[PDB]
A.B. asks: 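First, the structure itself, so that you have it in front of you.
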Amino acid sequence: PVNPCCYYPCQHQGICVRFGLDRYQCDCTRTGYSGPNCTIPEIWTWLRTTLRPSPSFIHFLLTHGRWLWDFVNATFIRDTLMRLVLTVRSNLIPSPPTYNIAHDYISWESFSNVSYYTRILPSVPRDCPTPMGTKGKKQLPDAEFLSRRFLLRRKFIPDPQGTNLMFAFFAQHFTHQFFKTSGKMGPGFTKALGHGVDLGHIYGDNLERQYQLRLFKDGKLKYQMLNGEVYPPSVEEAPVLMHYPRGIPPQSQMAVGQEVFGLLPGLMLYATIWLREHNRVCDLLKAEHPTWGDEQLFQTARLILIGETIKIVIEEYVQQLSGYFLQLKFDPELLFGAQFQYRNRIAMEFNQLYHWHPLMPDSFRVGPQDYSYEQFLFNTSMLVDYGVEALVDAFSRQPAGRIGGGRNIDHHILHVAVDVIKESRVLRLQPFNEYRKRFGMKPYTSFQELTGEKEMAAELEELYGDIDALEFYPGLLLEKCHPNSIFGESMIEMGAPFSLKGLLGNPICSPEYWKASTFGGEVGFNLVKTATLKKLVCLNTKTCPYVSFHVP
Amino acid sequence: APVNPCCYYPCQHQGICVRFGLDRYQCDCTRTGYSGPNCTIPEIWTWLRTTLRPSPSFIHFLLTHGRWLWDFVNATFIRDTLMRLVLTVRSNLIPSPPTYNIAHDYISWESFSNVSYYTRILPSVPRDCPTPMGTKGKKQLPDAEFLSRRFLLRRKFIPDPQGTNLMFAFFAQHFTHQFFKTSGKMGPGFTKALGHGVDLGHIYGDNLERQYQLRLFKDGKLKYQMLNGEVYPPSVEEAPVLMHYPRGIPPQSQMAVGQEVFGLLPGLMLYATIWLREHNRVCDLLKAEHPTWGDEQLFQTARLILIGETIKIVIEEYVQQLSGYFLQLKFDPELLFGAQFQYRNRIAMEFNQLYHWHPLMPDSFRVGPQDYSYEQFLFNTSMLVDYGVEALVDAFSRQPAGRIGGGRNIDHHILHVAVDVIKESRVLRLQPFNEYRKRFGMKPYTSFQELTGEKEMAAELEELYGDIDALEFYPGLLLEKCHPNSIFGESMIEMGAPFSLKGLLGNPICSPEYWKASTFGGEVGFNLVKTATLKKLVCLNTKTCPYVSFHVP
Ligand code: HEM
Ligand code: HEM
Ligand SMILES: *[C@@H]1O[C@H](CO)[C@@H](O[C@@H]2O[C@H](CO)[C@@H](O)[C@H](O)[C@H]2NC(C)=O)[C@H](O)[C@H]1NC(C)=O
Ligand SMILES: *[C@@H]1O[C@H](CO)[C@@H](O[C@@H]2O[C@H](CO)[C@@H](O)[C@H](O)[C@H]2NC(C)=O)[C@H](O)[C@H]1NC(C)=O
Ligand SMILES: *[C@@H]1O[C@H](CO)[C@@H](O[C@@H]2O[C@H](CO)[C@@H](O)[C@H](O)[C@H]2NC(C)=O)[C@H](O)[C@H]1NC(C)=O
Ligand SMILES: *[C@@H]1O[C@H](CO)[C@@H](O[C@@H]2O[C@H](CO)[C@@H](O)[C@H](O)[C@H]2NC(C)=O)[C@H](O)[C@H]1NC(C)=O
Ligand SMILES: *[C@@H]1O[C@H](CO)[C@@H](O[C@@H]2O[C@H](CO)[C@@H](O)[C@H](O)[C@H]2NC(C)=O)[C@H](O)[C@H]1NC(C)=O
Ligand SMILES: *[C@@H]1O[C@H](CO)[C@@H](O[C@@H]2O[C@H](CO)[C@@H](O)[C@H](O)[C@H]2NC(C)=O)[C@H](O)[C@H]1NC(C)=O
Ligand SMILES: CCCCCCCCO[C@@H]1O[C@H](CO)[C@@H](O)[C@H](O)[C@H]1O
Ligand SMILES: CCCCCCCCO[C@@H]1O[C@H](CO)[C@@H](O)[C@H](O)[C@H]1O
Ligand SMILES: C[C@H](C(=O)O)c1ccc(-c2ccccc2)c(F)c1
Ligand SMILES: C[C@H](C(=O)O)c1ccc(-c2ccccc2)c(F)c1
């Protein structure tokens, strides 16, 4: 008998429980729907859905009428909407977390074993006819082929939103604190046990490593002076494990939180800015609290940067990426009246989705000089050569490529996308259309409806066989972009919930922690409350370059 | 030279004392409902609320009186209304996410994330204070041992007036030893029970490897053995798990269970046997319903069912007995679905102190005509299989347990534990009993007599401590006067309840996300939880059904 749950019978988040040898049951508890497949709505569920304007309609209003938005951004209504975006978006992400690579059911082990990435939809039952359940071909498209046909960059397509490399590297740096797949354990396993903005990519994903990077004086982090400038310490001074190519000596490697950050000047640039920033804040506190020791200085410094990080991400990073006219705001207090759980768990779907590799350019222009991937990648000297200001101004001026759209991943890193597709299949992620529905969208009815065109659509169709067999990642990247946008509808509708929950679900956002004393007084508190990308860079550099997420 | 201003505990109503400069301090009264330098000026509403709040003692009275009136209420919707009130009101007293730990008397990411630490409600007494308790009392605290033989040592056995028995005393020990599991290797303030709550790790193991060792790996079942045609935990030979049995005891005589320490007492191993029986039983109920299920899902779903069974019996029978209320307590996770509640819990060190209910233990253990001594009971690897579950359950269910509050009621055989508790309290540098009184919404004692309710002990305690404001946390709890005909006094309830209710309702299975019939494998597993009962727990797992209760007949 075919596993009845391969048909994904239960709608609206209802749970498909298998009974007997051939039956199944949908647990529609609190779905707002009744019936065998959770399809008969309640009068209230019926209104709400039938009155909800499409994602596209909303996106429109948010990116138009600058004049209207200007007023709004100046009234209490800005908060009202910000609170709405926050709650509405978050309800989509389950808390406490549900399934993991090992359990497609709730279990104490899933709830407690933090080494697993969680997942929103259980996997495609291993006993289904096809790889995606019931539809599609018995074999899925060669990952590599699929990668060269539709993802490979032919000619560079820049992002129309004006996003640059300063933002592209910020995203890479940022996300690599919570996405840290255990190579030793396999897919579905993470080393980033903080599952969120713990700033472990600065301090270490484990206590020992933290102690190694710590100066143990004034709460300061170790470092070194080169050209009279401050840079991360050497692997010699701070004997921490880093991933540098064989043959590179300790004395020649810089020690930072994330082991992998040595493979790119853009990453190590950001590691330098934040190391600079931690020690700076350590001084502000010491002045205020001479009685404080190293630990408390260190500990309070870390909480301040965590707050700084969450602010800049919401108000500048996400502001850029959304391209909204509504002025986003970071105020943990808008949630103090809501029923919100300050807890977060990195989902595997979120890791797939954040493989924004198409951002990377064809080359890296640093002034009159233009560097190749082969000159940029692994270059252990470019940062100290140019210095923070020089690289920040550079990345801030060079445009980053479009994310959504198709065929815009530079050939040098196209292997990553191939791997992402293969991993998706190991994890046995459900079809793109299932996630569409799961995140409140209607599933695509044709490959053309998805792509918005006819060439690719037709080939994808002849490859997948059924739109209902289109995979999660390919579907996200090949889906048509919103007009003049960096990506399309799905990336926002699916990525935002995961994103907003992970920022607001941080314990420092809870009323219990959001107190001036948590940060060491008004001083530390305002550092958080007023954090800004320019301040972050500029208060830590001899001069202040063009610093922005938008290309000039 | 300048005395740490925070040794004076300046900030009232939960305001935080932040030290500034070399000699200043500041109180963070953010959201305390009080303003001012020391968080002392209330807001109109805070003022009303406090000035209109009837005392703990008044409330306790109403709750234990007017049965006929309680009988009517218990039958209206008014029972849920109050149950929800008790739940929310009680819980707000416990911070979430957690705050301080033995290492940080400030909020920090490490405290928030390092789960090896027990948390704490009040930061320690600054190491730079004049006296050990801050500002008051003598420069040296009472000898722990002395203090223990004068006021805590049992002269004559005082039974609990509430009718609590050994079935309950052992249930409490078994239960609490799943979340209280101090790391001997790491020292005080460190726990091995990383579940920080009702994870049933004292059945399954506090770590994955141990779990795998105890698992049969068939039908989701747990390993076990047949002795006298009855089921008992497997041998350490069969399930090579580390247990704490004195050197010299054959492994052939060691039973392997979740909690390493449960071999020290027939009462503990009795309960480990009932639950092992119960897990496998539920495994069968599910397999029947889901033939397609594998071992893991059977195992996993079985464990969630017993976690629910455990939380129900604790609230409706265990806490019902202990409180002695006429209001019929209820376990319905749904009463909290409208409240702002965080489904998260973290074991506090103060909770560990408070739960050292050692005075419950009797002078000897009567099992029928036979009466056993501590030397025949403790570490007796054969009494359980000899007598069997039914025989011991009926026994413990009939023998009364001793009063907890009051003083002079800890049997000499285990009085050392209380001595250690007092010494540890000082390592952790817990604040004075009066501080916690206030912290949990009570007015601090003004005299040793007001606390004890008499004059003899009071006067000696006074010449020992010097100031009531120097009375330590644990001694204060045990020496404080009991509510009339109660097992303990006001503080044990007002302080222990918040910690307790939060830890039961803060379990993830109580969240709307998990409280679904599918979480338990269908209506079947769901009702097992919804209808759990002490008698069913025992009796559905024993050839016969003995007198089984938390109340002595
Ligand atoms: C010079 C450009 C970059 C290079 C050389 C690069 C290379 C890689 C490689 C090799 C992997 C490792 C796993 C695999 O082989 O599948 C990977 C994974 C990943 N990359 Fe990049 N990447 C770059 C930029 C970015 C950017 C701009 C982002 C977007 C924020 C990003 C996001 C990710 C994510 C989230 C993962 C998975 C991390 C994990 O599971 O631990 N990468 N990248
Ligand atoms: C036969 C009776 C019992 C004996 C032999 C006994 C013995 C002990 C001993 C030796 C300690 C170990 C640490 C120390 O030496 O300070 C201890 C701790 C403890 N006991 Fe008991 N106990 C008994 C009954 C109970 C009961 C009835 C309860 C009440 C529920 C209880 C609650 C506790 C708690 C919570 C701890 C601390 C656990 C930890 O920190 O890991 N004990 N007990
Ligand atoms: C609920 O969904 C099921 C499955 O989608 C529908 O019934 C059939 O179920 C069998 C076995 O699961 C499948 O092989 C078929 O594909 C389904 N047939 C059809 C026509 O969909 C069923 O119609 C749905 N029930 C209700 C009440 O909507
Ligand atoms: C979290 O879950 C993983 C996966 O089960 C655990 O790792 C396994 O542990 C068992 C028992 O120690 C080993 O036999 C396996 O080799 C491990 N598998 C993997 C993929 O590493 C891990 O130990 C769990 N962690 C905790 C803290 O419970
Ligand atoms: C690492 O980056 C440095 C630049 O910071 C590279 O050296 C420069 O190479 C360009 C050629 O494109 C020359 O015009 C510059 O004069 C060089 N400057 C210095 C200071 O060497 C270096 O070649 C890069 N390393 C690798 C392996 O490509
Ligand atoms: C706030 O509480 C303090 C301490 O209980 C009161 O007086 C302080 O006394 C301590 C010990 O003698 C000294 O360290 C301080 O210098 C005193 N206070 C201050 C503010 O410096 C103080 O009067 C209380 N303030 C109010 C308004 O009640
Ligand atoms: C949780 O905190 C404890 C206490 O700091 C950590 O244990 C210490 O770890 C350091 C670094 O490995 C050692 O030098 C000490 O010997 C340890 N102290 C104790 C009392 O064991 C522990 O490693 C932390 N655990 C995690 C997972 O972060
Ligand atoms: C362990 O408990 C058993 C009872 O289960 C003890 O054996 C009994 O001891 C009493 C008094 O000592 C005798 O009157 C009974 O005849 C014994 N009963 C049985 C079934 O043997 C045993 O002595 C205890 N072990 C220790 C070391 O004290
Ligand atoms: C004002 C009262 C309006 C009630 C409208 C109820 C319409 C419910 O429409 C529902 O749509 C699903 C898909 O077609 C079906 O599976 C349900 O049987 C059907 O009732
Ligand atoms: C306006 C024409 C259709 C009106 C249908 C109104 C039905 C009232 O809806 C009620 O909703 C409750 C949950 O919200 C259910 O428990 C009740 O059974 C249902 O009757
Ligand atoms: C605030 C806004 C919204 O909820 O509409 C929003 C928030 C977050 C994202 C976002 C999506 C994917 C990765 C990172 C950020 C996004 F695209 C849009
Ligand atoms: C329900 C009731 C209440 O809140 O009043 C209640 C709840 C829990 C306890 C309790 C106190 C200390 C240890 C274990 C349980 C208690 F004594 C009373």
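Chain A corresponds to the first sequence line; subsequent lines are lettered B, C, and so forth. Residues displayed in chain A correspond, in order, to the PDB entry positions 32-583. Chain B uses the PDB entry numbers throughout; the residues present, in order, are 31-583. Counting starts at 1 for both ligands and their atoms, in listed order.
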A.B. asks: So at ligand 12, which of neridronate, thiopental, flurbiprofen, tacrine, methoxsalen is it?
C.D. replies: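 Out of the options, flurbiprofen.
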A.B. asks: Which polymer chain sits in most contact with flurbiprofen (ligand 12), and what is its name in the PDB entry?
C.D. replies: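 Largest number of contacts: protein (prostaglandin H2 synthase-1).
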A.B. asks: Which other chains line flurbiprofen (ligand 12) with heavy atoms at under 4.0 Å?
C.D. replies: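 Counting heavy atoms only, the answer is B.
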A.B. asks: Just wondering, where does chain B come from, per the PDB?
C.D. replies: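 The PDB lists Ovis aries.
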A.B. asks: Would you look at chain B and tell me which UniProt active-site residue is nearest flurbiprofen (ligand 12)? The heavy-atom distance to 1 Å is enough.
C.D. replies: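 Least heavy-atom distance to a UniProt active-site residue: B/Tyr385, 3 Å.
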A.B. asks: Got a sec? I need the transmembrane segments of chain B, numbered from the N terminus as UniProt has them, that have a heavy atom under 4.0 Å from flurbiprofen (ligand 12).
C.D. replies: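 From the N terminus in UniProt order, heavy-atom contact shows up in 4.
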A.B. asks: Hey, could you tell me which residues sit within 4.0 Å of flurbiprofen (ligand 12)? Heavy atoms only, please.
C.D. replies: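 The heavy-atom binding site is B/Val116, B/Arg120, B/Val349, B/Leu352, B/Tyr355, B/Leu359, B/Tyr385, B/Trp387, B/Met522, B/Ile523, B/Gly526, B/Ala527, B/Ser530, B/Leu531.
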